[PDB]
Every structure is written in C-alpha cells, then in structure tokens.
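First the structure, in the form of structure tokens, and then the observations on it.
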Amino acid sequence: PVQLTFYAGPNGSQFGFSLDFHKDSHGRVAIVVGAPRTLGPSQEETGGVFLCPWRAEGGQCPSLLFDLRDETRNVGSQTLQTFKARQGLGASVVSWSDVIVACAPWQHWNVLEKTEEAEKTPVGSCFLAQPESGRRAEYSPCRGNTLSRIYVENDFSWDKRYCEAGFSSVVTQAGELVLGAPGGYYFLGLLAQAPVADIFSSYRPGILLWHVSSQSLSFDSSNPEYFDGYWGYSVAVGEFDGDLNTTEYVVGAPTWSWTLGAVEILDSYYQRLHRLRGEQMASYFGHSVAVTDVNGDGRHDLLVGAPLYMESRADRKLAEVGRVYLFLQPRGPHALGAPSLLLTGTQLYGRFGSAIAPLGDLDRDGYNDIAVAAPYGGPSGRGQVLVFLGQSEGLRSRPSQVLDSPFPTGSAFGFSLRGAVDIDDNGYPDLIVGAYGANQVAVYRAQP
Amino acid sequence: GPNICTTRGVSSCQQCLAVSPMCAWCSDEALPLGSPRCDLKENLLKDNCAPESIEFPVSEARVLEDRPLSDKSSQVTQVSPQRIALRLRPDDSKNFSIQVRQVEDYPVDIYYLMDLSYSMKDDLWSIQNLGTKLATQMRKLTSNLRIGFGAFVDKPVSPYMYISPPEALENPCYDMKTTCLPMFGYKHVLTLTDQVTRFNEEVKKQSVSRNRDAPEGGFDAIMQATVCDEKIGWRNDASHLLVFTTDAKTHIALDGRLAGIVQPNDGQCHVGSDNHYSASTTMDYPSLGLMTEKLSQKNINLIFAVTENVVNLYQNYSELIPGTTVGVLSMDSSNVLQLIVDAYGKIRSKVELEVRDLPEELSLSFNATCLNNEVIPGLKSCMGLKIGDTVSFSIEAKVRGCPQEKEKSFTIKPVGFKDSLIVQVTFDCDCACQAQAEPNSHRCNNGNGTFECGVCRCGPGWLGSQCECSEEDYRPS
Ligand SMILES: *[C@@H]1O[C@H](CO)[C@@H](O[C@@H]2O[C@H](CO)[C@@H](O[C@@H]3O[C@H](CO)[C@@H](O[C@@H]4O[C@H](CO)[C@@H](O)[C@H](O)[C@@H]4O)[C@H](O)[C@@H]3O)[C@H](O)[C@H]2NC(C)=O)[C@H](O)[C@H]1NC(C)=O
Ligand SMILES: *[C@@H]1O[C@H](CO)[C@@H](O[C@@H]2O[C@H](CO)[C@@H](O[C@@H]3O[C@H](CO[C@@H]4O[C@H](CO)[C@@H](O)[C@H](O)[C@@H]4O)[C@@H](O)[C@H](O)[C@@H]3O)[C@H](O)[C@H]2NC(C)=O)[C@H](O)[C@H]1NC(C)=O
Ligand SMILES: *[C@@H]1O[C@H](CO)[C@@H](O[C@@H]2O[C@H](CO)[C@@H](O[C@@H]3O[C@H](CO)[C@@H](O)[C@H](O)[C@@H]3O)[C@H](O)[C@H]2NC(C)=O)[C@H](O)[C@H]1NC(C)=O
Ligand SMILES: *[C@@H]1O[C@H](CO)[C@@H](O[C@@H]2O[C@H](CO)[C@@H](O[C@@H]3O[C@H](CO)[C@@H](O)[C@H](O)[C@@H]3O)[C@H](O)[C@H]2NC(C)=O)[C@H](O)[C@H]1NC(C)=O
Ligand SMILES: CCCCS(=O)(=O)N[C@@H](Cc1ccc(OCCCCC2CCNCC2)cc1)C(=O)O
Ligand SMILES: *[C@@H]1O[C@H](CO)[C@@H](O[C@@H]2O[C@H](CO)[C@@H](O)[C@H](O)[C@H]2NC(C)=O)[C@H](O)[C@H]1NC(C)=O
Ligand SMILES: [Ca+2]
Ligand SMILES: [Ca+2]
Ligand SMILES: [Ca+2]
Ligand SMILES: [Ca+2]
Ligand SMILES: [Ca+2]
Ligand SMILES: [Ca+2]
Ligand SMILES: [Mg+2]
C-alpha cells in the first residue's frame, strides 16, 4: 500500500479520464494519461496527453506536443475546419510498437461548402504520435465530405456525422487498430479496423480527409431493436469460433434492446457469430466487456459488468449494488447459453461493475485473475476496486482484495483503470487508476 | 373494625378525612366513648348520625363542553368532550374516558415532471391533460392539496444539442427552419401550492424543445424534485406523490459518458435563484438506487405514466423499483387515475396525544382501545389509523395532597390536531361544616376555645373533649 505513487497535472483539468501503457521501440515504458480539459497555450480547455515516465515521486509530467491549433484547410471548393475547442483530447489512449494513438471523440469537425455545412459534430479524430521519428499524423474514418442533407435523404443510413470515433480502442496482435464508436449510425454504433502502417504511409500533411483502402467499417443494421442501443460502447478482441488466424470482435452494448443491453461476438468480417443477453434489466449490462480464459483451457470467456444491477438479501428490498456476469465458451463448436456465473458486490450504490480491467494472472500459477471497478463504493461512498481471483471452475463471488479510495469525496476513484501490463518488469501487472475528480492518477503495484 | 380512619386521627375534620378518602364525619353530637366521626361510612350509618349533615365528599367529573364528534358544517369536532370540569380530594384517584375521531382529510403534495422533447411534441398535448385532469381527481377527493410541476429535456451539452451554426445554441431547430426554445436539463416551473388555476396556466405556457438522442434526462429531474425542499416546499406532515411523463426512452446512469459527464448526481439541491440545473453539465444521471432511496426517505410514491408503445420498459422499471406504479399515458388516463386512487387509499395516519400545563406532582396512567377492540396498557397510540375510526383512551389521574392553588387548568393536545381538551380541576381541602366557624362558644368551657363540627379545639395544648383538661393538669397515672 505504501508504494502507491501519484501522478498530477495542470490544475483543474480532470487529469485521469483515461489511462494506458506505452512501450516505445527504445524500450522505455511510460503511462499515457488523457486529460479532456487540459489548458493549452491559448488558455482554452481542449485536451492534453501526458506521457508520464516511471517515476517514484510522480507529479507533473511533460505534456507531449500535439497539433492543438485549428486547421482551416481549403480543398475542392470546400473548407475543412477542425474545431479543437473543448475537444476532450485523450479520452482513449493506446500504444503499439512506437506509435501512440490518442483519440478525441469530442473533437468537432466541420465542412463548409456554400450555405450548406456538415456541422461541427463530434466525429472523433485520433492523433498518431511517433516521437522517435517525430511524426504527428491524424486518422478519422468518421470524417467525410458527405453533407447532412445526403444522410437525411437516405433515412440516415450509414450515418457517420456523430460517430464519436475513438470511444473504445484496441490493438490486435497482427498490428491492426480497431476503434469502436457507439455514436456511429446515429448512436447505434460502429467499428472501424485499419492497419497502422497503411494509415501512416498514406498520411500527408495538410489534408485532413483521405479515403483509406484498408479501412473496414461495420455493417449497418435496420432492425429497430438496435436503435439507440450503443452497439460499440465496449470493444474487445479475442477468439471464440476456434479460428486462431482470424480475430473475432466482442461488442458490449449497455442500452441494446430497450435498455436491456447485450454482448455480440462477431467474426473479422463484422458478421454476427453469437449473441448474449443479460438477466436483469436497467442494470447497464455492457458498459465494459472483457475477453479472457478464466478457466484456462484455450477458449476465451466473456466478462460483463452491470454497475446498476439491483439485488436483494432480506425483506425483499431491491438495492442497487451491481453485478458481474461470466460466460464460459463450451468445448467444441457449441453456442454459448445462459451466463456461466453471477457475482454480486457488497457496498450499496457503489456502481460495482462499471469498468473491468483484466489482470491476467496474479500469482502466476495458471489461474487467471481480474479486477473490477466500484467508482463510488466503500463505507464512505468515494470509490472501490475489487480484485477477483479466478478459478478453473469460474470466478469466486467474494473478491480476494479490495482497494479503497484515499482521495476526497467526489474523486470518483476507480472510474477508469487498466492492467495486464508491467512497468517495473517484476513479472506481475501494475494497476493504474485514473481518478479524474482529484486530477491525479494512482499507480499501485499488485504484490501477491 | 378500627380500620384506618379511626386510628392516627380524630383531631379535626380536615385531618380526620385526610387519613383516607373512605372516611366520614358525624357533625351531630353523639356518644364520644365509641370514638365516632372517623370511620367507614357503613359504620357511621350503623351508628346513625345522618341529619343531612354527613360530610363524605367524593370526586365527581362534570362535563362542560361535550359537542358530538363529526360523523360525515362549521364545527369540525375532532375531540369529544371538549371542556371538562373535575373536583378532586387529596390522595384520590379517578378515571375518565376520552374519544377521538378523525375528521380532517389527509393532506397531499403532488409533483409533476414533464418532458419537452421534440418527439414528445406529438404526445405533448396529452401529457398536459394528464396533469390538469389528475388535479381534478384530487380536487373531488380531498380539500387540502398542493400541486407543483417541472419540465426537463436533456443535459445542455454536446451531442445532446446542436452547436453549428451558432444560432443553433439559441435555436437548435435550424435544419427544419422552425423556432424552438433552447433545450435545458431541468427547469422547475411551479412550486407546490394550492393555486390550481396558476398551475394549469403555467403547464399550458410550456413549449417544446429539440435534442439529438432519443433518451431524455428524466432521472435528473426526478432527483432534483425529490432532493430540493425549500424550492419545492414539501410538507413533512403530508403524503407525497410524484408523476413523471414521457413518450420515449429515458437516460440512465453512466449515459453522460457519451457527452463527457461522469460525476454522479448526489443528494443535494443545485437550483437556487435561477430555476435551472446549474451543475447539469457537471453531474451525471442518477441511478435507480438513488431515486429509490430519496423516495423512501421522503415517503414519495412515483407513478410512471407512459404510452403503450414502450409501456413494457416502465413496467420492468416498476418491477425493479419497489413502491412505484405504471400507467398508460394516452387519450384516456383511467389507468393512471385508478392507480393514483389505489395509492391514496393506502395512506395511514397516527393518533398520539400529549398533556401540558400539569404539575409533576399528579400521576397519570392510560390504556388504549383502538378499532381492534383490544385493550392495551402502556401504549398511547396504535398503528394503522384510518379516517372515521374512533379511539377511546381511559386516563386515570391520581393526586396526592391538596395544592395551595386550589384551582388548576391543563390541556390534552392530540398530535397534529389543533383541537384540544381543556380540563379544569378544583380541590376542596376544608370541610363544609367548618364554614360555621363559631370562634367562641360557651361549650368550649365558658367561651375559652374554638368549636368545629362537634369538637372543641382550645388553647396551645387543651385537648379534652370538653376543653377543660388544661395543658399542665390532666396527668393521670
Ligand atoms: C487550483 O488549485 C487550488 C489549490 O491552491 C485549488 O483549491 C483552491 O485553492 C485556493 C487557494 O488560494 C482557494 O482560494 C483561497 O480561498 C481562501 C479561503 O479558503 C482565501 O482566503 C484565505 O483564507 C485563509 C484561511 O483563513 C488565509 O490564511 C489566507 O491568507 C486567505 O485569506 C484565499 O485568499 C484564496 O482565495 C480556492 O477556494 C480553492 N478552490 C477550491 C474549489 O477549493 C483549486 O480547486 C484548483 N482549481 C480547480 C479548478 O480545481
Ligand atoms: C422487460 O420487458 C420485456 C417486455 O417488453 C420482457 O420481455 C420478456 O422476455 C422474456 C425473455 O427473458 C420472454 O420469455 C421468453 O423469451 C424467449 C426468448 O428468450 C430465449 O431464452 C432462451 C433461454 O431460456 C434462449 O436459449 C433463447 O435463445 C432465447 O434467448 C421466447 O422465445 C419465449 O417465447 C418467451 O417470450 C417473454 O415472453 C417476454 N415478454 C414480453 C411481453 O415480450 C422482459 O422479460 C422484461 N425483463 C425482465 C427482466 O423481466
Ligand atoms: C493461417 O493458417 C494457415 C494454416 O491453417 C497458415 O498457413 C501456413 O503458412 C505457411 C507459410 O506462411 C506454410 O509454410 C509453407 O511450408 C511449405 C513447405 O511445406 C513451403 O514450401 C512454403 O514456402 C511455406 O513456407 C504452412 O505450411 C501453412 N500451414 C499449413 C498447415 O499448411 C498461415 O500461416 C496462417 N496465417 C497467419 C497469418 O499466420
Ligand atoms: C385501562 O386499562 C388499565 C390496564 O392497565 C386498567 O387498569 C386495571 O383496572 C382494573 C379495574 O377496572 C383493575 O382491577 C383490579 O385489580 C386489582 C389487582 O391489581 C384487584 O385486586 C381488584 O379486585 C381489581 O380486579 C386492574 O388491577 C387494573 N390494572 C390492570 C393491569 O388491569 C384500567 O381500569 C382501564 N381503564 C378503565 C377506565 O377501566
Ligand atoms: C427524426 C430525426 C430527428 C430526431 S431529433 O434530433 O429531433 N431528436 C429527437 C429524439 C429522437 C432520436 C432518434 C430518433 O431516431 C433516429 C433514427 C436513427 C436511424 C438509424 C438506424 C441505424 N442506421 C442508421 C440510422 C428519433 C427521435 C428529440 O426528441 O429531440
Ligand atoms: C371510571 O370509573 C368508574 C368507577 O370509579 C366507572 O364506573 C362504572 O360505570 C358503569 C357505567 O358507566 C357502571 O356499570 C359500573 O358499575 C361502574 N363501576 C364502578 C366501580 O363504579 C366508570 O365506568 C369508569 N369510566 C368512566 C368513563 O367513567
Ligand atoms: Ca473466426
Ligand atoms: Ca473457455
Ligand atoms: Ca491466479
Ligand atoms: Ca509490475
Ligand atoms: Ca412521441
Ligand atoms: Ca435526449
Ligand atoms: Mg425526446
């Protein structure tokens, strides 16, 4: 508990909204933290990305240079304007090789052409940073020359105006980045997969709009049940159909089918392979879906968090605590059925299950272990993080360890956390918690 | 037998009666060899000496104001009898029964949350009726009632609102070339009050706004209504009802992540001097747990009136949320009125009483006999009282000694009822025969003593019956 370092940032900037690990080719591991309301040189809250090196004292970090200036590009009798004000840069930061992808779903982008305009909607733009080569590229599948009238006339089909690109970001083992934006297709959500190398090669300065040949977007669905379902709120990459070559995508939607929520496993071609639905309604089933073989037999298993789930112990009193649903993949080409296991929290109104950060294996014996977030748990009601020690049969209901929130009330400690990465190379994952309320990030090393 | 009256007394009428209430005085002259004038009334009767001069005071309760209780027009009699007059003797105990019946109707405070989304516009008219019509139902159901309402659209933050062109901020309905008021998170309109006409006028004055996503922030409005007390003016001693109207999906907790809002909505009021949710841009949709806790703590019943299109969603919500009900919001609101009546029919009050303006010297005991017809001692109020029920309490009061005031007045006030029982108590320490006085009489040894109801008390020590034993003489051995 003593070795719990704190990383700070600019005063009043919500430092800790999103966090991740970066491992450049040089071999140095750092923590990428995205503050949506970073104060730039223009005294405006736009967004900042801090590449904090591993320091015992933590503290302020040197903000990595990014193009925060608006680009008023002119091309094809059209004006492309990048409204970077209140863009919330850093909502999703990931790394791969020597490339850091930092997405700004709230980065409004506008196209002006005569009276008609494309509107400065939160399309979402992702900056690719390569400090070794000093490259600052941009990628935005949502951005397009299509006007609002075109989308309106075609029944909003393939609506890519309010995607909020970069809401969820994952990096595949092959080297292709997959971004899931629940705001796409008019809040239905979408997924876009693209190689990093192709976009890096095709990028040119002062363009801001160029079609990518290697892009692969999700297929639109006209079923009303998907309307407002947020198909893409949580994104995970794994294998479920037994094809090691192909990468399967798990999409967790908390509002699918009239707020019920669900999780859909699809092949690499964005074709639905299987579907799973939660038991209780209004529990926000699909906020964060994780893929990991808890039993440990080569088949990935699904973990879903429902912070708003309501349980009861005595007097038939329905109290909101939260729940975790575990689905185990059956042996062989067999479809999954009812949830394998259900785990319940302890604290009241703790939103237990808001975020799930896989921890791989804690004791490094063979049994996978995980961590889940209780952003407003604890006896005081500030925050909690619950570590579940997995078992071959499944996941134990009672957490192995519980970490409280040392920050004051309202810190929302535990809202965003990530693991499965080692900073000190001690053989075990190091936990990071993005407490935005206190504008600080707490790094703690899990010692079994 | 000797009893207690004969012994430890036989000195004067006051002391003779002070030995015990069950003592009598024989004023008329008789044989003093038998130690008369202080013994049981039966013994004195066996010994005669009853020439209409018997001094055997008793405690009698006299009712002054005993107007009948209301049964169903300017009386409103809740406690009967109203004013009581009582006479007590030192070291005495007496019982009296007091009956109380409910008369006044149960007060009610109703809050109405309305959505002003673009989609709601088609059904907006209907929901307005559901407000005023509901008020009418309560107008004919009770006399004391307060009604208030507020409106909500969605949080004022992207993407919930259009920002391009800049005029979209003041008029987001730019694509359709129509004028709509700016969308807002929560805007309390009318505080709880009895002015039904003003309520209807303000409800009709409300207009519609526009948003982007179908879900709407109703949970924020519910929390604001159930968390603010001064702004809403809730009454502690009255039932509370909440009616929320909607046509489409409703935003739930953690949805603000899309708009960049993650801080929850705590149990605090954030509406002062502006009638707006100032912290809407920095507070997230409260979850069902917080709303349920607020409803339970504040004793508020929630009725979700929704269209048949998505009625199943709110039926599920009600199943998940205890204490709330679901109704159909359409051209006919019967499915809502019936549920409102059913909820109002479960209201139960309590009948408790307190006593004021009584010296601590007097002692009191009570028993309770509620509608169950079961006598319970030591309980001053049962549970589960309903309008029209009559509860009778038998209060026994015991007084020791004669207070110097000789006149007292105290009150019995039921809890929550203006009407009270005024009881005036009097005491008669001295005997009536003493009114004769006769300070000087020849029977006190030639006018050398005082005479009192057949006994001569004389000098500082003269104790003989004839007032002749002196103080230094009369020492037989
Ligand atoms: C930015 O960082 C600050 C930390 O410094 C965050 O907290 C703010 O801190 C400032 C400190 O200057 C505070 O303003 C002061 O408030 C004092 C009253 O509490 C003022 O009077 C002082 O009283 C002292 C005790 O009597 C006395 O010793 C002293 O000499 C002085 O008279 C003082 O003059 C300052 O005005 C802010 O109130 C405080 N803010 C909050 C919210 O607590 C701040 O929050 C950070 N910014 C953001 C956006 O988070
Ligand atoms: C919220 O409200 C809705 C109404 O709008 C309720 O819908 C009800 O949903 C249940 C299912 O949970 C329906 O019961 C049956 O559902 C099956 C389809 O589910 C099947 O489940 C099996 C496992 O048992 C799976 O193997 C299948 O693949 C499949 O998923 C259906 O086939 C049956 O005919 C039957 O409908 C119920 O009918 C339905 N009711 C209505 C009116 O639509 C919903 O339950 C409610 N939420 C909660 C938590 O109660
Ligand atoms: C996808 O899965 C397939 C197998 O299902 C993998 O195919 C493998 O590809 C390698 C070449 O990349 C094959 O090696 C070949 O060996 C022959 C000699 O036998 C040699 O002449 C060739 O030049 C080549 O080296 C290998 O045999 C083949 N596997 C099988 C079972 O035939 C493929 O690699 C997988 N894709 C990815 C991206 O991993
Ligand atoms: C209101 O309820 C109380 C109950 O506590 C009643 O007190 C009871 O009154 C009766 C007389 O009506 C008492 O009976 C007497 O009991 C004594 C023994 O204590 C016995 O020796 C007598 O012969 C006689 O039976 C009783 O004791 C007393 N207490 C209890 C516990 O019952 C009270 O009377 C009720 N009020 C009215 C107006 O009746
Ligand atoms: C009808 C278009 C204008 C809607 S709005 O901007 O005025 N907002 C409404 C709420 C609303 C939202 C969505 C909706 O469905 C939009 C349909 C989207 C269809 C998708 C389906 C998947 N493929 C892409 C298109 C209807 C109403 C308001 O009350 O302010
Ligand atoms: C109060 O106590 C008196 C006795 O002290 C009760 O008197 C009884 O009155 C009923 C009729 O009302 C008679 O049938 C009984 O015989 C009486 N009993 C005695 C012992 O006198 C009286 O009921 C009690 N309650 C009230 C309200 O006065
Ligand atoms: Ca496959
Ligand atoms: Ca498995
Ligand atoms: Ca383990
Ligand atoms: Ca480590
Ligand atoms: Ca409608
Ligand atoms: Ca909305
Ligand atoms: Mg609406």
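By convention in this document, chain letters (A, B, ...) are assigned in the order of the sequence lines, proteins followed by strands, and residues within each chain are numbered from 1. Just so it is clear, the values below take in all heavy atoms, side chains as well, and ignore hydrogens, waters and symmetry mates. Ligands are counted one by one from 1 in listed order, and the atoms in each one are counted from 1 as well. Technique stated in the header: electron microscopy, 3.9 Å.
Looking at ligand 5, the drug there is tirofiban. Per UniProt, the macromolecule making the most contacts with tirofiban here is Integrin beta-3.
Counting only heavy atoms under 4.0 Å, the other chains near tirofiban are A, B. Most residues around tirofiban in chain B come from the UniProt domain vwfa. Under the naming in the PDB entry, the designation for chain A is Integrin alpha-IIb.
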